[PDB]
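Quick look at a structure containing paromomycin.
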Amino acid sequence: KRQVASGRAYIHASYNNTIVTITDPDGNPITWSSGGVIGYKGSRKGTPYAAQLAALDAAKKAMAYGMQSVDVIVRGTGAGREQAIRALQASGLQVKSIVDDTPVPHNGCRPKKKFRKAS
Amino acid sequence: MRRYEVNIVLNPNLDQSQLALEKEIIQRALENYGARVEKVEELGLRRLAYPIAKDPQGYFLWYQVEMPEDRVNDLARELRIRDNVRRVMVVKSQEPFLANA
Amino acid sequence: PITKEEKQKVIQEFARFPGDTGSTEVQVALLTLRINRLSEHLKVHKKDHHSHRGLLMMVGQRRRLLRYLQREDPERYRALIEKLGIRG
Amino acid sequence: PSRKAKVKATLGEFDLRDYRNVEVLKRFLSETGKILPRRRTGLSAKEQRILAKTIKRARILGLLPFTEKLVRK
RNA sequence: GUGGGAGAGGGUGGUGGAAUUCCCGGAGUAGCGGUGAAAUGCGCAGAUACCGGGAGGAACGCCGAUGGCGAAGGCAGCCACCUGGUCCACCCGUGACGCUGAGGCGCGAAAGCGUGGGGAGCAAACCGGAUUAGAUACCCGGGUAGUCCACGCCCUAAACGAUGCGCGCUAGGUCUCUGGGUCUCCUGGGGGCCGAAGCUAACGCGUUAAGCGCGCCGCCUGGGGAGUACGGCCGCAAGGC
Ligand SMILES: NC[C@@H]1O[C@H](O[C@H]2[C@@H](O)[C@H](O[C@@H]3[C@@H](O)[C@H](N)C[C@H](N)[C@H]3O[C@H]3O[C@H](CO)[C@@H](O)[C@H](O)[C@H]3N)O[C@@H]2CO)[C@H](N)[C@@H](O)[C@@H]1O
Ligand SMILES: NC[C@@H]1O[C@H](O[C@H]2[C@@H](O)[C@H](O[C@@H]3[C@@H](O)[C@H](N)C[C@H](N)[C@H]3O[C@H]3O[C@H](CO)[C@@H](O)[C@H](O)[C@H]3N)O[C@@H]2CO)[C@H](N)[C@@H](O)[C@@H]1O
Ligand SMILES: [K+]
Ligand SMILES: [K+]
Ligand SMILES: [Mg+2]
Ligand SMILES: [Mg+2]
Ligand SMILES: [Mg+2]
Ligand SMILES: [Mg+2]
Ligand SMILES: [Mg+2]
Ligand SMILES: [Mg+2]
Ligand SMILES: [Mg+2]
Ligand SMILES: [Mg+2]
Ligand SMILES: [Mg+2]
Ligand SMILES: [Mg+2]
Ligand SMILES: [Mg+2]
Ligand SMILES: [Mg+2]
Ligand SMILES: [Mg+2]
Ligand SMILES: [Mg+2]
Ligand SMILES: [Mg+2]
Ligand SMILES: [Mg+2]
Ligand SMILES: [Mg+2]
Ligand SMILES: [Mg+2]
Ligand SMILES: [Mg+2]
Ligand SMILES: [Mg+2]
Ligand SMILES: [Mg+2]
Ligand SMILES: [Mg+2]
Ligand SMILES: [Mg+2]
Ligand SMILES: [Mg+2]
Ligand SMILES: [Mg+2]
Ligand SMILES: [Mg+2]
Ligand SMILES: [Mg+2]
Ligand SMILES: [Mg+2]
Ligand SMILES: [Mg+2]
Ligand SMILES: [Mg+2]
Ligand SMILES: [Mg+2]
Ligand SMILES: [Mg+2]
């Protein structure tokens, strides 16, 4: 128990899953949720629907902390990124801003063969 | 003897004494390496696009000098010795290139 | 590198007559300047190959010019070599 | 692509070689810290080539950013 | 020679930020990861997701191009030093000093070798999960040499434009990089595209010839046997010629 009421919401979305971390404005996590936090186990975690349920679960557990308004930060390309966004907008948390923080190297590190033909 | 521009970014948190000290040391190095100071622009505390040594701001100094080439690199190294010196960039001077002129 | 005054100094040194820029003596003198400087550079920087090709080309040019001089006026050749201290 | 307006066309006379001038150089970067392509900046090959080095110098001086966050997505 | 220019040409030192991994701290909890679907794997000794700090290695996003530089291999953050080549203008100097080039000498991607450092990510071999009739493979989880630096070897290739080098001659059009000029246009050096004449078995080439010519070098002479055997030279070896 905190009583924060305003915070950040991080949507980390890859092709295999979506995980959502609601935090206080200092960045420290309050609650988190994912495809697997809900019933889903296999590839189904990567589903947009899974992202919806995850976003909603994170938002619910967050509103238990008395959270009202959040700022959304998005990382990574994958399905259910925009679905997580939309679910957060429909969540009952006022969404202030949305931002794409997705990490990219400046030609830094050699990829796995699967990600190659690039660097 | 070639013409260069020394850029120096310093710690914004320096008061009068420490700052005047840093400037005196800088000019003592410029002297010791044979650099002659032509024109000086002190811009001062300005915002940065990214933090430098944890600080959101920096104290900017600009010198235009004439010094021997062989010593240049060495001089820069000396300027980097100081703890309160954030950045040193020595650029070989060039004539302006105008667009829409 | 080679500045203007250095270059002028060597040109007016080997010039056959006042105003002589491109005579064989001056050319060999200039080439010798560049060659000694570049060889000095390659004393260090032994891993710079690309410059070394330059050295090769310069040396070739000089040897060709000198060969022409030897062919034409053997005395002027002898004098030039003695002066610059080449071959050997 | 490059569908709005002409970065060089609306602008004054300026030294392309000046790294310390932030207010003018900002205009050549996108929402992110990225250097705008020619099709935007409206510059020429030589001009662009100079602009790049100027901007990079400024970045190292801490005057311009390297990368930035995208907003309202 | 004088004056002016563009350039990831090369060598040395310095230096910047992003990302990955690891370590420390905070907050937080039931999974993360991965695939066609999964499983191995990792996680209650607290992972994944988030923030703060630190360490290290390697590579330089945007600019970036249908672009530039180099003899070729090849060259890309930024700064300074050292250094090679090249283009243009002036028409100033020397006065055929030229071209080619068997041998020689040097350079020569990757992998590979030697000594010593280094080691984040990736990864032959290998160890596992899966798939399959089987799966020695493709897919997934790990992972050593190696990939990195210094010095010394190796000398290969679809080392490709599959097009030796130099010079002269033979319509134009069009885009582009870089100079100069009387600057809508003219003139020079690069890089592309369409095409006169002409050439070509055809495909195509066509002032960046594969056209018309001259000079010099290298090479070919049905396929397999075979880049093998023998010999010689080179190499620590692999192996090369
Ligand atoms: N910036 C210096 C450069 O050094 C080069 O070679 C040097 C660099 O490769 C390297 O310098 C340091 C090294 O001392 C130290 N042990 C580790 C450090 N990471 C290295 O620096 C470098 O490492 C590699 C090089 O491939 C890069 O990936 C990395 O970005 C760079 N920082 O080690 C070499 C000897 O100092 C070249 N001489 C030239 O590019 C340039 O001068
Ligand atoms: N070449 C390296 C790069 O050179 C650029 O600048 C280079 C070019 O702008 C400039 O070219 C000049 C040319 O302007 C001038 N009109 C004639 C001169 N011969 C050329 O210089 C050339 O020849 C000389 C030998 O004589 C070499 O030492 C030099 O490397 C080579 N560029 O020479 C400079 C040095 O090579 C970059 N500014 C520099 O940062 C970088 O090192
Ligand atoms: K065709
Ligand atoms: K032997
Ligand atoms: Mg999944
Ligand atoms: Mg690369
Ligand atoms: Mg590449
Ligand atoms: Mg270069
Ligand atoms: Mg921790
Ligand atoms: Mg417990
Ligand atoms: Mg543990
Ligand atoms: Mg380590
Ligand atoms: Mg690109
Ligand atoms: Mg190539
Ligand atoms: Mg004349
Ligand atoms: Mg005469
Ligand atoms: Mg030969
Ligand atoms: Mg090799
Ligand atoms: Mg290698
Ligand atoms: Mg080794
Ligand atoms: Mg791996
Ligand atoms: Mg594998
Ligand atoms: Mg070994
Ligand atoms: Mg070993
Ligand atoms: Mg080596
Ligand atoms: Mg090819
Ligand atoms: Mg070609
Ligand atoms: Mg061609
Ligand atoms: Mg042309
Ligand atoms: Mg042209
Ligand atoms: Mg025809
Ligand atoms: Mg054609
Ligand atoms: Mg043959
Ligand atoms: Mg036969
Ligand atoms: Mg037969
Ligand atoms: Mg063989």
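A note on names: the letters A, B, ... follow the listed sequences, proteins ahead of strands, and every chain is numbered from 1. Portion of entry displayed, and contacts counted within that portion, nowhere else. Heavy atoms only: backbone and side chains are in, while hydrogens, waters and symmetry mates are out. Recorded method for this deposit: X-ray crystallography, 3.1 Å. When a ligand or atom number is given, it counts from 1 through the structure's own listing order.
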Task: Ligands or chains of paromomycin - done: ligands 1 and 2
Task: Largest contact partner of paromomycin (ligand 2) (naming from the PDB entry) - done: 16S rRNA
TODO: State which other chains have a heavy atom under 4.0 Å from an atom of paromomycin (ligand 2).
DONE: C, E
TODO: Give the residue list for paromomycin (ligand 2), heavy-atom cut-off 4.0 Å.
DONE: C:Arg34, E:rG4, E:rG5, E:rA6, E:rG7, E:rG9, E:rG10, E:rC82, E:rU83, E:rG84, E:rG85, E:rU86
- [ ] List the other ligands and ions under 4.0 Å from paromomycin (ligand 2).
- [x] none
- [ ] Identify the organism from which RNA chain E comes, per the entry.
- [x] Thermus thermophilus
Task: Entry name of chain C - done: ribosomal protein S15
